[PDB]
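Snapshot of apramycin at Aminoglycoside N(3)-acetyltransferase.
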There are 2 protein chains.
Amino acid sequence: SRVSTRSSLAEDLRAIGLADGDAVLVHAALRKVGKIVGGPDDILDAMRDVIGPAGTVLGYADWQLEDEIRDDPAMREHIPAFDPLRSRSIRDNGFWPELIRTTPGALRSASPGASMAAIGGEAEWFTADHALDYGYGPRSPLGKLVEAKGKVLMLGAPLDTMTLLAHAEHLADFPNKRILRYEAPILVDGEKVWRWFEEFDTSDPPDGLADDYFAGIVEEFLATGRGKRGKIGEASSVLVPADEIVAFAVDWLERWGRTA
Amino acid sequence: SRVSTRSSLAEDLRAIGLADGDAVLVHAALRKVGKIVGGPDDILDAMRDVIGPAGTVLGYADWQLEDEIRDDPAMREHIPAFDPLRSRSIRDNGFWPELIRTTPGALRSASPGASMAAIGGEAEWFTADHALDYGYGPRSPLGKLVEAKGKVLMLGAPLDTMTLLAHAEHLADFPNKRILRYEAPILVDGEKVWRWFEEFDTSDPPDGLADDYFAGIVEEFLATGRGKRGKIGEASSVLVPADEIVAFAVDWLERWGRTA
Ligand SMILES: CC(C)(COP(=O)(O)OP(=O)(O)OC[C@H]1O[C@@H](n2cnc3c(N)ncnc32)[C@H](O)[C@@H]1OP(=O)(O)O)[C@@H](O)C(=O)NCCC(=O)NCCS
Ligand SMILES: CC(C)(COP(=O)(O)OP(=O)(O)OC[C@H]1O[C@@H](n2cnc3c(N)ncnc32)[C@H](O)[C@@H]1OP(=O)(O)O)[C@@H](O)C(=O)NCCC(=O)NCCS
Ligand SMILES: CN[C@@H]1[C@@H](O[C@H]2O[C@H](CO)[C@@H](N)[C@H](O)[C@H]2O)O[C@H]2C[C@@H](N)[C@@H](O[C@H]3[C@H](O)[C@@H](O)[C@H](N)C[C@@H]3N)O[C@@H]2[C@@H]1O
Ligand SMILES: CN[C@@H]1[C@@H](O[C@H]2O[C@H](CO)[C@@H](N)[C@H](O)[C@H]2O)O[C@H]2C[C@@H](N)[C@@H](O[C@H]3[C@H](O)[C@@H](O)[C@H](N)C[C@@H]3N)O[C@@H]2[C@@H]1O
Ligand SMILES: [Cl-]
């Protein structure tokens, strides 16, 4: 029965630990926030108020081409190329990355399935030079979030949607990492070309693990007393430092893979 | 029962009457088109291929401020002012105006409740200088649609959502037109100010007619033979000359006003 404002959301964000100059990747379930006077745009505006102009807000866009269409040779010349300026975010990830992507000023990185939207003082740097292959590795917004000592805010989102952990999956040395190869269309100086891609499998976990095991790792991280929980509006939310939870998740995975 | 492509939708638009250099207002129910390979963006892409670069495609954006919150004094300072670059389309008009508005190169006119989104060769003209009061009058994208001799296409949409006919309500001489007055926040060169507004009532029909009466007027115009029906992908869709349906509607309303 409580309605949120740009001002009250800024206090909530400061209360969970958002600070001046932060860079924050956000995963959101916006319905959990509850009634907002100015719609969910008040959340992004509140965040920009807190972190200031030097800060950056990010979201995981991906794109909408499903595998079964991509793999259907009949529709091959009817599939539109991925275009960081025009391709819309995968709807599976909710409105939040679309909200960012279509805010004037936002930029969107180049590696389609891993592509990120960002707005703020380092939006250019965070989206620049996104490797097409292994796009969850060091040459990616996720690696740059670790380098920048950014944060990840789960805004009512289930903890297994923390995509930053796919970057730990990339770094961790464990046996039998599944490698995925696929063909997708992209623009090379404004013209459509089909390109072969390669990356570590993000869609399914390492064999032996439950499909939602990212959530277990996050809770085990919060159990050490690092990170913070809080209400953003009415959404139960989590804020964690990106570098710490990736080091935690790397050795969680490296230790598990040794037992096999 | 089949998939539509940017090229399949292209030939469907040419058969309804879309032609080179056209400027067309679109009201859409996109779930009625069926499955499209590259999503509803393939619709707007097709149209811009049919009409060519001099063409122009429009949508009725409006905005999301709710009367209730607007008229709550306690919420006054928390209302985001209307911003033609940022305030999102009213969701009751469907995704289509948002689809246009969030396309790079697209423009949005200044008068909030009557705001229109536009992309194409004449997008700057169709959106320039939209009057804040009586925003369905002559100083309006709908007035310019008549002057440009454009078209309207109901793309699976209920024919009573044809907003151009509100422009016929502004123009037609019939007694007891209901004037609406309200205060609303608007961005004036980046700064929010509350401004009083007035216009003819678009939210309820003139006292004496059914709510969906716009619809019966449309198909009656179709009985004259001066419209064209046809299926866009899977959607039953109507295309109509703008200048003629206004005159047909104006005379309809003025003639009916005397009987009353
Ligand atoms: C799946 C998931 C998104 C569902 O969350 P949800 O709250 O149900 O859906 P969304 O987050 O899209 O938010 C919905 C709110 O959009 C607002 N919204 C959407 N578009 C809007 C618009 N154009 N204008 C105003 N509001 C809009 C609404 O409040 C809509 O709610 P309503 O339609 O019920 O009114 C959530 O559980 C989740 O998993 N989030 C994280 C996803 C992620 O980042 N995944 C990474 C890869 S694993
Ligand atoms: C109310 C009305 C809009 C409902 O239409 P609808 O087809 O059910 O809904 P929309 O037209 O918004 O289109 C829905 C399709 O959006 C696609 N779409 C929406 N957003 C998308 C996105 N971001 N990315 C990819 N696809 C998206 C989907 O196919 C969505 O369907 P799904 O959610 O079932 O998959 C329609 O009946 C109507 O009355 N239209 C006319 C509105 C108008 O012009 N009013 C004028 C003022 S009175
Ligand atoms: C860990 N579980 C996740 C699942 O959870 C969601 O669906 C479940 C269905 O039972 C629900 N129980 C659960 O509540 C809900 O959150 O959603 C699927 C969606 C699917 N397109 C893919 O996305 C991945 C992309 O394929 C990949 O490209 C991207 N990099 C990462 C995406 N997560 O894999 C995830 C993953 O399997
Ligand atoms: C006449 N019907 C319309 C309704 O759609 C539905 O109407 C009937 C129910 O009422 C249904 N039977 C019908 O299937 C369906 O089309 O949507 C509402 C949405 C509301 N924001 C307002 O928009 C108006 C704006 O408020 C106003 O600012 C603008 N100028 C004109 C808009 N129509 O009034 C319309 C109008 O009442
Ligand atoms: Cl995918």
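Below, chain A is the first sequence line, B the second, and so on; all start at residue 1. Counting starts at 1 for both ligands and their atoms, following the listed order.
Counting all copies, apramycin can be found at ligands 3 and 4. The other chains with any non-hydrogen atom less than 4.0 Å from apramycin (ligand 4) are B.
Residue B/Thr202 has at least one heavy-atom neighbour below 4.0 Å for each of these atoms of apramycin (ligand 4): 27 (C), 28 (O), 29 (C), 30 (N), 31 (C). At a distance under 4.0 Å, a protein heavy atom can be found next to atom 27 (C) of apramycin (ligand 4).
In this structure, atom 21 (N) of apramycin (ligand 4) has protein heavy atoms in its sub-4.0 angstrom surroundings.
Taking any N or O of B/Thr161, backbone or side chain, none lies under 3.5 Å from an N or O belonging to apramycin (ligand 4).
From the protein, the heavy atom lying nearest to atom 10 (O) of apramycin (ligand 4) is B/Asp211 OD2, 4.7 Å.
By number and name, the other ligands or ions lying nearer than 4.0 Å to apramycin (ligand 4) are ligand 2 (coenzyme A). Residue B/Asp204 does not touch apramycin (ligand 4), judged by heavy-atom distances below 4.0 Å. Of all protein heavy atoms, the one lying nearest to atom 15 (C) of apramycin (ligand 4) is B/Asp160 OD2, 4.5 Å. For apramycin (ligand 4) and B/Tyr60, the ligand atoms under 4.0 Å from any heavy atom of the residue are 29 (C), 30 (N). With ligand atoms numbered from 1 in the order given, apramycin (ligand 4) contributes 21 (N) to contacts under 4.0 Å with heavy atoms of B/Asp92. Not a single heavy atom of B/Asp212 lies less than 4.0 angstrom from apramycin (ligand 4).
Remark: atom 24 (C) of apramycin (ligand 4) lies closer than 4.0 Å to no protein heavy atom. The protein heavy atom nearest to atom 37 (O) of apramycin (ligand 4) is B/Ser203 O, 4.5 Å. Not a single heavy atom of B/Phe214 sits less than 4.0 Å from an atom of apramycin (ligand 4).
Residues of other chains with a heavy atom under 4.0 Å from apramycin (ligand 4): B/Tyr60, B/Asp92, B/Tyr136, B/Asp160, B/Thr202.
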Table of N or O contacts for apramycin (ligand 4), cutoff 3.5 Å:
from	atom 1	to	atom 2	distance (Å)
apramycin (ligand 4)	30 (N)	B/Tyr136	OH	2.8
apramycin (ligand 4)	30 (N)	B/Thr202	OG1	2.5

